[PDB]
J.: 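Quick one: the structure is below, and I'll ask about it shortly.
Numbering of chain A is taken from the PDB entry, so the residues present carry the numbers 6-323, in order. Reckoned from all heavy atoms, side chains included, excluding hydrogens, waters and symmetry mates. Structure method, as recorded: X-ray crystallography, 2.2 Å. In listed order, ligands and their atoms are each counted from 1.
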Amino acid sequence: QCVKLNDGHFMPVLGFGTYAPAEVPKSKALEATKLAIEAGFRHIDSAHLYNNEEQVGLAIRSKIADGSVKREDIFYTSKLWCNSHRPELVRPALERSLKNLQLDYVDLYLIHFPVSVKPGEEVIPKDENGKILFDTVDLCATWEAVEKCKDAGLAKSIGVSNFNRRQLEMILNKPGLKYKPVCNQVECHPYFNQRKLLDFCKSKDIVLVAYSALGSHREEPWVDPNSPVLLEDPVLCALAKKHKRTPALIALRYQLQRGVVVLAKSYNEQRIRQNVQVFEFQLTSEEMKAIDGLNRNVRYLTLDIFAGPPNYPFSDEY
Ligand SMILES: NC(=O)c1ccc[n+]([C@@H]2O[C@H](COP(=O)([O-])OP(=O)(O)OC[C@H]3O[C@@H](n4cnc5c(N)ncnc54)[C@H](OP(=O)(O)O)[C@@H]3O)[C@@H](O)[C@H]2O)c1
Ligand SMILES: Cc1ccc(Cl)c(Nc2ccccc2C(=O)O)c1Cl
C-alpha cells in the first residue's frame, strides 16, 4: 500500500484530497477528513492555499485521540504557497502551517507552484488593473530553504508540484543539492496521462502524484465547463460495468497500475468510502492499453492566472 521514496520514507499510494471550492464551508473539511481516515485513507493532501489546515489537523488529531491511528500511520502533505518562495519566508510558512495543524511535522512539504508572487497575507495579490503582483525569486534558493526544513525535522520529506521537466532538471542539477524532490505532484488522468513527464520522473526516482485524477472539481473559473467530463467517459464507464466498479474507481486504478500515486478528493461519505476500494480489483493489460488511448492532452487546470512569467510551467511540451 506504499511506495518507497528516494529519501527512504514511505508514501501510501492512495491519497485523500482536501481542497474544495471556496463556497464549501470550512467545517466540511474536518468531517470529510475524518470519514476518509475511518474509510482507510492514510495519505492526506492539503496546503496553506486551501485554508483548511486547522480543520484537517483537528481531523487527523481526532483519529489519533480516539485510537484509530497513530501519527506514524498518517502521511500528511502540506505545500508552500507562492507568496513565501523567498528563502527567508519558507520556514515561517512551514511553521505557520504546523501551528495551524497543531502538528510537530508534516510528512511532505511541496513547492506548490513554481511562479512567485509578492509576499504578504494575500495569496493572490493584484494591482488595480487586476493583474497579479508577481515576485522574482530564485527557485533553487527556495529549494535550499525547503531543504533546511528537512534538516530541522519539520518536514519528513520534500518535493515539488506543477514543475515541468526543465524545472526539475534545475533542482536536480543544482550545485550542492542536498535532497532530490521525492515527488512532483501534477494533474494526471486518462485525458492527460503525463506519459512523458512520468517517464522522466521515474528516470530520476521522483514519484509522480496525480491530482484531478477524477477529472477535477470542474469549479469555474478554474476549469472550462465545456471540457469533456472524465467520469462520463464511454470507455471508463464500460470498464466500470464490466468490473462492477465505477468510472472513478477505474480512473484511480489506472494510475496505481502504471506506478502513479493517486489523489482523490470527495466530501461525500458514500464516495469517500467507494474510493478506497481501488485496492479490491485490478485491470488487465488490454484494459490498461484501452485507457492509454483515452489521452487527449486535455488539461483541466491551466492556471492561466499565472501565465506570463518565465516560471509558468505549462508552456513547455512537458
Ligand atoms: N496544484 C496542486 O498541487 C493541486 C491542484 C489541484 C488539486 N490538488 C490536490 O489534489 C486533489 C485532487 O482533486 P481535485 O480537487 O482536483 O478533484 P478530483 O479528485 O479530480 O475530483 C473531485 C471531484 O470528483 C467528485 N468525486 C469524488 N469521488 C467521486 C466518485 N467516487 N464518484 C464520482 N464523483 C466523485 C467530487 O465530488 P464530491 O466531493 O461530491 O464527491 C469532486 O466534485 C485536490 O483536492 C487537492 O488536494 C492539487
Ligand atoms: C491561483 C492559483 C495558482 C496556482 C494554483 Cl496550483 C492554484 N491552486 C488551485 C487552483 C484551483 C483549484 C485547486 C487548486 C489547488 O492547488 O489545489 C491557484 Cl488557486
J.: What is the name of the drug located at ligand 2?
T.: meclofenamic acid
J.: What does UniProt call the chain that holds meclofenamic acid with the greatest number of close contacts?
T.: Aldo-keto reductase family 1 member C1
J.: Hey, quick one: which of the residues UniProt lists as binding substrate in chain A get a heavy atom under 4.0 Å from meclofenamic acid?
T.: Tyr24, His117, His222, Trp227
J.: Considering heavy atoms of the protein only, find what lies nearest to atom 18 (C) of meclofenamic acid and give residue, atom and distance to 0.1 Å.
T.: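 Sorting protein heavy atoms by distance from atom 18 (C) of meclofenamic acid puts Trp86 CH2, 3.7 Å first.
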J.: Can you confirm, on distance only, whether meclofenamic acid has an N/O atom lying under 3.5 Å from any N/O atom belonging to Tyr55?
T.: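 Yes, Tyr55 has an N/O under 3.5 Å of an N/O on meclofenamic acid.
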J.: Between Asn167 and meclofenamic acid, which residue portion shows a heavy-atom distance shorter than 4.0 Å: side chain, backbone, both, or neither?
T.: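 Under 4.0 Å from meclofenamic acid, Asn167 contributes side-chain atoms alone.
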J.: Record the part of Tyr305 in heavy-atom contact with meclofenamic acid below 4.0 Å; permitted values are side chain, backbone, both and neither.
T.: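 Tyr305 to meclofenamic acid: no contact under 4.0 Å from either part.
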J.: Nearest to atom 8 (N) of meclofenamic acid, what protein heavy atom do you find, and at what distance?
T.: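 Its nearest protein heavy-atom neighbour is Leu54 CD2, 3.3 Å.
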J.: Which residue is it, and how far: the UniProt active-site residue of chain A nearest to meclofenamic acid, by heavy-atom distance to 1 Å?
T.: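 In chain A, the nearest UniProt active-site residue by heavy atoms is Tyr55, 3 Å.
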J.: Identify the protein heavy atom lying closest to atom 10 (C) of meclofenamic acid, giving its residue, its atom name and the separation to 0.1 Å.
T.: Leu308 CD2, 4.0 Å
J.: Please report which non-hydrogen protein atom sits nearest to atom 16 (O) of meclofenamic acid, along with the residue it belongs to and the distance in Å to one decimal place.
T.: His117 NE2, 2.9 Å
J.: How does meclofenamic acid relate to the UniProt NADP(+) site of chain A: which of those residues have a heavy atom under 4.0 Å from it?
T.: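 In chain A, UniProt ones with a heavy atom near meclofenamic acid: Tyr24, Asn167, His222.
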J.: Tell me which part of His222 gets within contact of meclofenamic acid: side chain, backbone, both or neither, using heavy atoms under 4.0 Å.
T.: side chain
J.: Under 4.0 Å from meclofenamic acid: which other ligands or ions?
T.: ligand 1 (NADP nicotinamide-adenine-dinucleotide phosphate)
J.: Kindly identify the option in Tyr216, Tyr24, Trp227, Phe118 whose heavy atom sits closest to atom 1 (C) of meclofenamic acid.
T.: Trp227
J.: Can a non-hydrogen atom of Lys84 be found less than 4.0 Å from any atom of meclofenamic acid?
T.: no
J.: Report the binding site of meclofenamic acid using a heavy-atom cut-off of 4.0 Å.
T.: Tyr24, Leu54, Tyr55, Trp86, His117, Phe118, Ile129, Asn167, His222, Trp227, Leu306, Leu308, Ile310, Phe311
